[PDB]
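Working notes, beginning with the structure itself.
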Amino acid sequence: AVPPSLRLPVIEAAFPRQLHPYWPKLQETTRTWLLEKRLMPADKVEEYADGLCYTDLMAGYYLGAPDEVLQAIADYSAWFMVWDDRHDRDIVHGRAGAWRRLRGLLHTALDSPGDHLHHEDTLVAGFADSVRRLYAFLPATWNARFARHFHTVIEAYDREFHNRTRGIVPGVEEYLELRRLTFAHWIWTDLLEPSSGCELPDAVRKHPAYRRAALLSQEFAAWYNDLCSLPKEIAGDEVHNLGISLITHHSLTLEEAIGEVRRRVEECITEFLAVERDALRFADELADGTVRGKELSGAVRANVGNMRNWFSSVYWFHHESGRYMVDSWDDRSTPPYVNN
Ligand SMILES: O=P(O)(O)C(O)(Cc1cccnc1)P(=O)(O)O
Ligand SMILES: [Mg+2]
Ligand SMILES: [Mg+2]
Ligand SMILES: [Mg+2]
């Protein structure tokens, strides 16, 4: 039962959930990784990790991925959530120096992860392990694209740090541009490719239908997170949220901003259904009769299939995950799973 303010009947009726068969092993293996990389305290791992549903989120998204690819993605995605938590905590505690140093180390570790596998900062060491593993699946040109994209994500996190320190709420257009980076749209899009076992040529992944289907899938995920994470984020003095920019710059009430965010999320779905037809037509066209063609066709089709799976995985994740259950916290400003 999804709250009426958050319910999307089109997702429930037309985007049936999928789950990767490796998910049972994935859940425990990522929990063990969080424990052994010291990315969460042992008692917080035991009490909260499974309930945060991070592995479920990936296992409902990258269908068809090799077990080892899914494992590295899930470890990275759990790392990403812990990094969001650390970033938030550095902000709340005014640890500008610790954040700046961390920011620099992630930039460096991103380009040479193997050199950082045993760094003193467990968050940097965890990052490097997952990234080194992700760099092992596809050619160096894919690794360099992942790094280029994540360098941009790190700097968007830095911009968020400056905004919240200075109490600046981005304008709507400014936020929509920033949100494609803080949510890491293009990282999740990159990671479709090791999941289907094929680095896509630029001509293929920059095709207008592939690009637009990829964009809309991520816009939905980020803006649906905004809709669902708004209570926790208002309680935690987070300023980055489409609803908050609407209240601040467009003078909407809370109920009207929630309504406008809802409508924008709903439009993402029906825009995606239109372009999905074009992206799958393009997949069919790539099967020109040659071996390379059949391979590229299959990879594009699998990737567009997972762009669709992202809709249902993110939807149900926000109603299942303990990450957003702010009403159950004694201190609504400090989630119990964060290192405070
Ligand atoms: O769970 P959260 O904090 O609402 C979030 O989605 C965490 C997150 C960050 C980046 C990518 N995916 C999830 P955020 O982006 O900070 O709003
Ligand atoms: Mg956050
Ligand atoms: Mg964030
Ligand atoms: Mg959020």
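Chain A is numbered as in the PDB entry; the shown residues are, in order, 16-355. Going by what the header records, the deposited coordinates were determined by X-ray crystallography, 1.5 Å. Both counts, for ligands and for their atoms, begin at 1 and track the order of listing.
The name recorded for the drug at ligand 1 is risedronate. Bound to risedronate with the largest number of contacts is the chain that the PDB entry calls epi-isozizaene synthase. The binding-site residues for risedronate (non-hydrogen atoms, 4.0 Å) are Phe95, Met96, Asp99, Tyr172, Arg194, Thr197, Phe198, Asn240, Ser244, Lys247, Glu248, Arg338, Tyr339.
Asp99 OD2, 3.7 Å is the protein heavy atom nearest to atom 7 (C) of risedronate. Note: an N/O pair closer than 3.5 Å links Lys247 and risedronate by distance alone.
As for other ligands and ions, those under 4.0 Å from risedronate are ligand 2 (magnesium ion), ligand 3 (magnesium ion), ligand 4 (magnesium ion). The nearest protein atom to atom 8 (C) of risedronate, hydrogens excluded, is given as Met96 SD, 4.3 Å; this is a heavy-atom distance. The atoms of risedronate that sit less than 4.0 Å from any heavy atom of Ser244 are 4 (O). In terms of protein heavy-atom proximity, atom 15 (O) of risedronate is closest to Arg194 NH1, 2.7 Å. Considering backbone and side-chain atoms alike, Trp203 places every N or O at 3.5 Å or more from each N or O of risedronate. No N or O atom of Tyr172 sits closer than 3.5 Å to an N or O atom of risedronate. Of all the atoms in risedronate, the ones that sit under 4.0 Å from a non-hydrogen atom of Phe95 are 10 (C). Distances between N or O atoms of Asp241 and those of risedronate include no value under 3.5 Å.
For atom 11 (C) of risedronate, the closest heavy atom belonging to the protein is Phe198 O, 3.3 Å.
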